[PDB]
Amino acid sequence: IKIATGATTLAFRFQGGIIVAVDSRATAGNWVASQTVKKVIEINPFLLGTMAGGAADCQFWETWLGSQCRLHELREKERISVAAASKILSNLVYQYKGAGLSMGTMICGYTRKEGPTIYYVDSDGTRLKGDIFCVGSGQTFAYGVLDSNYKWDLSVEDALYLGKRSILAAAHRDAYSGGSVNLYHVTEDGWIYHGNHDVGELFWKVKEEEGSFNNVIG
Amino acid sequence: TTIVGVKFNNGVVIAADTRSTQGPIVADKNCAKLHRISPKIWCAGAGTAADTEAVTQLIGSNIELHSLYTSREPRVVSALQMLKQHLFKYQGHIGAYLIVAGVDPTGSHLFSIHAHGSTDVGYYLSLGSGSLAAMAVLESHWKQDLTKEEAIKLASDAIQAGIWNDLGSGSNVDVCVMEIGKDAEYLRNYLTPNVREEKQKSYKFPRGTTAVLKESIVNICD
Amino acid sequence: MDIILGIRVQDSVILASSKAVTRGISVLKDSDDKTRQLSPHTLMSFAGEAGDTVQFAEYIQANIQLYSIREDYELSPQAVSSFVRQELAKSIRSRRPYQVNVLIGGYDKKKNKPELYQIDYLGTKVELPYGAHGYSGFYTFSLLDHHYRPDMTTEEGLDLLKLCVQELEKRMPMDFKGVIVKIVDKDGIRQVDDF
Amino acid sequence: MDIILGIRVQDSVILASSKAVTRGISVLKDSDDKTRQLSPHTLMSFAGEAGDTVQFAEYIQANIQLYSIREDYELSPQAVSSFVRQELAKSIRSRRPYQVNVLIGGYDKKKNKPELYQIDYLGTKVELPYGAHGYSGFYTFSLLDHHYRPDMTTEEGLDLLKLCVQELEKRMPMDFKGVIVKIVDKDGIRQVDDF
Amino acid sequence: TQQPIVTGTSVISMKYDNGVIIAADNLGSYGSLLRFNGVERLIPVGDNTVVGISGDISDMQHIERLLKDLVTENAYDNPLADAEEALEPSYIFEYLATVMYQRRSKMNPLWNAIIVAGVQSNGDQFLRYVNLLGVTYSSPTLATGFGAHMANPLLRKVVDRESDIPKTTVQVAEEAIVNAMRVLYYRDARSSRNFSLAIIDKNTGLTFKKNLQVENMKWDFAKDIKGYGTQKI
Amino acid sequence: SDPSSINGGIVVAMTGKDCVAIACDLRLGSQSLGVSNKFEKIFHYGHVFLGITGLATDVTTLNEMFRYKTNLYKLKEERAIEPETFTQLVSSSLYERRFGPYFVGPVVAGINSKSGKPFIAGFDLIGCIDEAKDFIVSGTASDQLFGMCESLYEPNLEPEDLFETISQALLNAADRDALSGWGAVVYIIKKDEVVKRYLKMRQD
Amino acid sequence: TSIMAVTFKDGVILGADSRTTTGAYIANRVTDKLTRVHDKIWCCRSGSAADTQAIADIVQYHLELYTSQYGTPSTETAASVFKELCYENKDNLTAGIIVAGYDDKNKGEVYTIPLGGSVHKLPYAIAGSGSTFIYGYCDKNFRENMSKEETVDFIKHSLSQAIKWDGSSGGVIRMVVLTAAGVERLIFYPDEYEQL
Amino acid sequence: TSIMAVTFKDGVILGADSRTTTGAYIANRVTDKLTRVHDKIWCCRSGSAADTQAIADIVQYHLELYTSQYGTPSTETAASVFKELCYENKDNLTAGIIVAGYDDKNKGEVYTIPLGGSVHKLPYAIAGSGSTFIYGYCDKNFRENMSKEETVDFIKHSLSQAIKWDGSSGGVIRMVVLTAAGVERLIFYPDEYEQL
Amino acid sequence: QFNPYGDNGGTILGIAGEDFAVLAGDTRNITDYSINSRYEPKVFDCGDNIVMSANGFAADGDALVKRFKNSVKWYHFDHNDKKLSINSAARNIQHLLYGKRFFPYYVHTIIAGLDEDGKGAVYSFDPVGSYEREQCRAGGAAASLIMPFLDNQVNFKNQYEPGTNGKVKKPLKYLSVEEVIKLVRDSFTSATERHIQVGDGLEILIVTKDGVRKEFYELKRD
Ligand SMILES: *[C@@](C)(CO)[C@](*)(O)[C@H](CC(C)C)NC(=O)[C@H](Cc1ccccc1)NC(=O)[C@H](CC(C)C)NC(=O)[C@H](CCc1ccccc1)NC(=O)CN1CCOCC1
Ligand SMILES: *[C@@](C)(CO)[C@](*)(O)[C@H](CC(C)C)NC(=O)[C@H](Cc1ccccc1)NC(=O)[C@H](CC(C)C)NC(=O)[C@H](CCc1ccccc1)NC(=O)CN1CCOCC1
Ligand SMILES: *[C@@](C)(CO)[C@](*)(O)[C@H](CC(C)C)NC(=O)[C@H](Cc1ccccc1)NC(=O)[C@H](CC(C)C)NC(=O)[C@H](CCc1ccccc1)NC(=O)CN1CCOCC1
Ligand SMILES: [Cl-]
Ligand SMILES: [Cl-]
Ligand SMILES: [Mg+2]
Ligand SMILES: [Mg+2]
Ligand SMILES: [Mg+2]
Ligand SMILES: [Mg+2]
């Protein structure tokens, strides 16, 4: 079978919380299986997870994670920390290490004691706290736009555009990334969905309005 | 592919299906696998498509030059000998599996050639992925002293067995009849039992459906 | 194995090439010039298999210089790029192919236009506004795709390039010890000493 | 992968560990702390296979902290190092071994002496005046062999270390994004913020 | 993980208007050696089912033992064991198919290809295939091994689809099967002349024919064949 | 390391009423990395058109080779080469490299100047000719193109209608292939006029 | 394949089955494995059908050219030409050939040429995959200076058993008789030899 | 190995060579391959010496325990125990065994058990590497209801040929006769059987 | 070495309408170049207005369907005959597939039915349990041939409003059951022409609030 598919996912911390942005394409070799894949997993109203590597592995275990988080707050009468939620997942995949799980995800949340927090969790056991993360076949293209334009004091509007523009950059260059862009804004009171954006229409729109992509005739 | 050859009273007949594959994909639904080596010597080809066409054209060319040099009509055994020695030299790397048949001053003949250069003689033969399906029919219905019309029927029935039961074979049935004292008659699309049914809907688009960025006149003249 | 970049702007072509030469776990040199002048208005940068790179670049250089003497005339960048492509196209089906990727930056004096050609070791030629070889493109193209304008000046091109090198220095795993930058324009070839 | 160094001087142990975390062709982080405090006067740095490193370090940390609570007493660096060695010695013959190399820097309060232990993933323990894991030793040991004196101060030790990091930054192929330095002495563990 | 040692070749079968026919040769091959000649590969279960098996003979003998034990077990505490609660072909097939798939899922297969032919209690014809992979399918004609390549084409000329079954008599169907067994003897290098044939009819019941031989063969034309091309003598 | 799917690309050709059409995408990449969106895969020698997919270096090399051979043909024959003859030349040239082949999928298209008959043909990498009445496909999205063409195509289409059919066949096939797209070009070929149109498509 | 050649009082007889296989499929059930390289020098072919045909064709060419210059070649000479081809191209050939011929001086002679390309002159020879099963039978039943009818029965019974046990052998039993009288072709069908 | 078992009028006779090899070295030239699992149920062993010994020892244990509880076991029962071991451990065994026994009701019986672990009841059986060379001879010469002396000659001549052609067979020919009279051991030396 | 997997060919297709949903599949079963059956159904009514097909390796496909049908049965026992919603069935199937993550069912699964608002629903699964709801999905051997055609005709991709300079897209709308069946039939007749593993017959299962209806159509048998 083929679990090794392409993607571009990102998540970054800023003044107003966390932005999460992903592409929508799934490929089996050169064959484009889907253009409408949901690569952001809604763990619960306060926590998000990104899909990269194995689609099933990410779906199954990040849904499972939501079940563990619900049990935590039922027993402790308190919201689970992002640190604790991420570690439940990382410890779990570490047990399966060597078996062949394929996972590269960002666990994103905003709590009182922590603030906006992102943990990169990975199928070989890695668990990293950080400000900016990009994962997938098109991660390099997205990093370039992120690094050069990122500031902590970004507005919510500008931060949403930056995440959208970074995915577009990858979708354009990386063959295994594209379809559409899904945006999310994570606040202390929960995440907010900021729509699905077709890359076909989005590209031409950004080209005209921004003046970028002069190499492309339109 | 499915290809066959059948001897009869006053000559020989060969036949073939018309499917050409590229993996599991049908590349050509109506390709010609019957090749002319000389006017009265014809060849059915299975295996690597380029190799069967290339090897049959090369030997056909050399047969023509030989016929002109000797002031004689070419013989099937000459084509057989030239083909097998060519194929043997390339140790099977030229993937041509052929049924060679024809009439000449010596009489009527039917042979098969394999990629590695081995030849066989027979009254009925079959090659290709559907050869087992075809051979099953030939072994069931063949007899000595076949007429022209009986041999065509048997040959086409053998190809049909391949068409229906072998996924490698399909579409139509080509035939070539080589009778002694007569011109060889090539019967292209002798049977067409796989006609595509009428489509449910027309997919003719309204004009202007396709978005266009630039138009320009191309200069083909000098 | 390294960083060769190229940017074609309004009136010039800019080539940037990494200075590091690594063998095993040791950086043997940090001031290596990965380029050869083929003609007064044509420059070629290169990257790939050790030994093959310089051997190929100098072989091309010799052939172009021979042509210049014979005809008392400079070949156009397009003509040079086609010659280079054909040599690599021959090479790929040889007993031992040249594993060399090149960028050819030149200024066409007849057209009064800068030209940048990207040719990989297979003999795959493309004319581009900006180009790269290896992993370098994976980082910089999104930046160039965004910030690059066709009417930029040489100074604007150098700033755009700095931005690319900064992104490479931030996100690339290996230390490539900075870059040597060279400009090709109507007045010929010159090196930027402070980068 | 990478750079963990250790130097034992007169009155303290200094550990230096690289900040880079690389996965594929991308530096994911440049501020990673590759160490855990096992006890108030014992520090362990680590390097090796991804995931295994942190999982192992935290497992050891938990066991030593458990001991401290149970006995209301701090284990000596020698005792901690022996415990760590045994865990790795068990691990190497397991179904899936911990591929982790560690340095253990500690100050023994009973002896009033600093102690540095080097333990590889096989469970190979050695007490040393200075130590390293991976390719780091191939560069720095000749420097330490030369400049290291047993009666050095903490400040002299930090200068000797700077010299090592400089040689690594010059000759090593990969960019390891500098080092986090920590000192272990009679007063406990503290971090040098400006290095 | 196995490799087959002593093997049995093609099993062929088809439906006709009132029942089913199944046949298989009596050979147990040991690679290229035609070692055993008295091997029965058709095994009746009750008076309404016949299981035809190809592939590894040691695994076939194991399946024989399972089917024999199945009949015994079904008779336990069952007053209607020879009537309403007798073993059906569909019951026997599903049991085998369960076993074959379980064994492939433990990476220790029964190296066989099996065809279960019979008539149900309501008169319906039953014909289904199962193999070492647990793969199952049904068709008006079914065959294993070389039979799939050579017999099916001949049997499908008689019964090409479902509507051809009522139009096919037992005389015509048996003739086609016997003809197919001759063709396999001509063209399969691991086949024998001797074979067994079984008919399960909804009216006349189970008829089991042993020690049949391929006959009416065409070999005379061989004398006229000389050399491999040019040779005249 | 599969030469035919490193650079990516597609070509499709169709026949209509007294006309032919040939179309190609503009992408050139290095596996996942898109490198150029101006890499045209269709060339012409006189009134004969040749599309080539596969390994880009061989695409370039073969174009230069057939330009070479058709220029000499014209000088000696004192006339432009016809599609049927050119098809045989392509086949011969490819089979000459039978045991060290060019990794390509060429497609010939054109109208015979004498008879006026529309002609298309396709080849495999070693020169086997695939002649067709209806359509020919080639490239990394050949499966997708076969599916579109087999459903969308109908005989005797007028040039303006044929344009829409071939354009839609190419566009929708290219969007289900990662290694194809990034622009497209369509040639509409009549007896004595040729129109070339660039299509607007999604750039991902 | 099952092939054999047997010398007797009046000359020599070659024998063979008629089966040609591709794996377990019988590509030809009426094959002629007894092939003429000269008027009264024949050979039995086993191994690769392509290799043995190519070899026999070359030998026939060499012996035809020999005859034009030096007159009728000996059976030993024919075996030497076979050997030369089989030995010098041993790395690229799979051919087990038995050479049999009739001289007036030397009478019936049999030479066998295995895979390696060695030559062995024998009273009788057996070869091919099916020969393994009749080494015991042939050794016990062979006698020198047999009659024509005895030799025909010996070959018939021997190849009958070889065919019975070997899946790679079958069809008809072809035979070629080489004597001073001339060349006689014989054939025996399944219905006869199977029930021996 | 060359082994065989043959039923006849008065019972059954087992036969075997005495060679044990390690590659081309003969580790034992006087091996006893005919082994007792019960008073009048014996077996011929071929394949791995270790595997066949381990199997025979287990079968002897099972049949001894059977006899203590249920009385004398049948030859079919003995063959079933062999089969069970050979079939269930087919992945780890290399054993070709022929089981032979004498009942008063059933008389002489022979069962053969090849590599796979299948069971085949036969009038006579041959097995081992050397058996290949005598399939033809044994098929032509075997008759049902032979006398003791005829059966001894049949086995002697058969194994003589198997030994002659098979390098992996040789030494002495051991035989064990199973009848109502009792159990008789026979041996035949090279000087006798070679010149048959 | 023993290979526990096989390829039984075939292709399937699921489309969702406004108040209905269809799940189609060809009836041909194959191994290599042989036809095992011309009519072997692989689209099943599983109860609770859920239709299901698991295409690829038929042994794994039958096992999965059999386990899901059983899952539906026990859902009724354990939860007071509650109707299993299509979304609940989908999640349950994920757990069936992922339960064998390290020895997968070699199948592409598609289910169809109506959601809890009465609207048409189609869900598709990869071999290890990742799933997604879609309007349109083709699976199996000829998926690559059919799917881009659906994108164009169902979701109107690459189609712009005539005269609008490619600025205004063609508007999305629900299709009738009659129009959907037309697309299904044309999809399969096209795939039959160009894919060797597709043919013989076409069986469609239509799901409305009234129940599950069946339709059968002949396909080319070559
Ligand atoms: C029946 C239909 C199948 O056995 C017949 O035997 C026919 C015989 C007729 C056409 C003469 N055989 C084929 O159609 C034959 C099957 C085949 C395929 C591959 C190897 C051997 C036999 N098909 C072909 O030869 C096609 C002809 C095309 C459709 C015009 N050619 C290919 O499939 C080539 C194979 C070329 C080849 C090179 C070296 C050694 C052997 C064969 N393959 C491709 O084009 C695949 N690929 C496409 C992307 O570009 C790179 C190559
Ligand atoms: C008996 C059968 C064995 O001793 C005889 O020796 C006869 C001799 C007669 C024909 C003169 N031998 C064969 O029939 C011979 C068996 C054989 C096979 C392979 C190598 C050596 C001997 N059969 C052949 O030579 C056939 C004849 C064809 C069907 C007309 N050829 C093949 O089987 C080719 C040979 C390729 C080859 C392999 C190794 C060395 C030389 C040539 N093989 C295939 O076609 C492979 N086949 C493809 C389909 O997949 C199954 C394998
Ligand atoms: C004839 C010889 C063949 O049919 C008989 O079957 C006899 C049967 C008698 C002894 C009951 N078989 C043997 O003599 C038998 C031949 C054999 C060899 C290997 C596998 C199967 C059969 N010989 C043996 O079993 C010897 C007996 C020793 C010398 C006492 N054992 C070996 O040859 C061992 C066996 C190891 C083994 C391999 C595979 C499966 C099971 C066991 N092999 C070696 O010692 C290897 N030897 C080491 C030195 O380098 C050369 C190889
Ligand atoms: Cl032959
Ligand atoms: Cl022993
Ligand atoms: Mg893309
Ligand atoms: Mg695309
Ligand atoms: Mg036989
Ligand atoms: Mg079809």
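A, B, ... follow the sequence lines: proteins, then strands. Residue 1 opens every chain. Be aware that this covers only part of the deposited structure, with contacts counted strictly within it. When a ligand or atom number is given, it counts from 1 through the structure's own listing order. All heavy atoms count here, side chains included; hydrogens, waters and symmetry mates do not.
The drug assigned to ligand 1 in the PDB is carfilzomib (bound form).
Going by UniProt, the chain with the most contacts to carfilzomib (bound form, ligand 1) here is Proteasome subunit beta type-2. Chains with a heavy atom under 4.0 Å from carfilzomib (bound form, ligand 1): B, F. The entry refers to chain F by the name Proteasome subunit beta type-3. Of all the listed residues (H35(B), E53(B), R98(F)), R98(F) holds the heavy atom that lies closest to atom 39 (C) of carfilzomib (bound form, ligand 1). Selection from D166(B), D124(F), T18(B) by nearest heavy atom to atom 34 (C) of carfilzomib (bound form, ligand 1) gives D124(F).
Nearest to atom 20 (C) of carfilzomib (bound form, ligand 1) among the protein's heavy atoms is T48(B) OG1, 4.4 Å. Checking the UniProt active-site residues of chain B against carfilzomib (bound form, ligand 1), the nearest by heavy atoms (to 1 Å) is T1(B), 1 Å.
With a 4.0 Å cut-off on non-hydrogen atoms, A49(B) touches carfilzomib (bound form, ligand 1) through its backbone as well as its side chain.
At a 4.0 Å cut-off, at least one heavy atom of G168(B) sits close enough to carfilzomib (bound form, ligand 1) to count as contact. Numbered from 1 in the order shown, with element, the atoms of carfilzomib (bound form, ligand 1) that lie under 4.0 Å from a heavy atom of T52(B) read 11 (C).
Residue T21(B) touches carfilzomib (bound form, ligand 1) through backbone and side chain together, judged by heavy-atom distances below 4.0 Å. The closest approach between a heavy atom of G45(B) and any atom of carfilzomib (bound form, ligand 1) is below 4.0 Å. Of all protein heavy atoms, the one lying nearest to atom 6 (O) of carfilzomib (bound form, ligand 1) is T1(B) OG1, 2.3 Å. Within a 4.0 Å radius of atom 18 (C) of carfilzomib (bound form, ligand 1), the protein contributes no non-hydrogen atoms.
Examination of the model shows the covalent partner of carfilzomib (bound form, ligand 1) to be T1(B) OG1. Near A27(B), with a cut-off below 4.0 Å to any heavy atom, the atoms of carfilzomib (bound form, ligand 1) are 29 (C). Of all the heavy atoms of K33(B), the ones lying under 4.0 Å from any atom of carfilzomib (bound form, ligand 1) belong exclusively to the side chain. The residues lying within 4.0 Å of carfilzomib (bound form, ligand 1), counted on heavy atoms, are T1(B), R19(B), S20(B), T21(B), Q22(B), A27(B), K33(B), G45(B), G47(B), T48(B), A49(B), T52(B), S129(B), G168(B), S4(F), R98(F), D124(F), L125(F), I126(F), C128(F).
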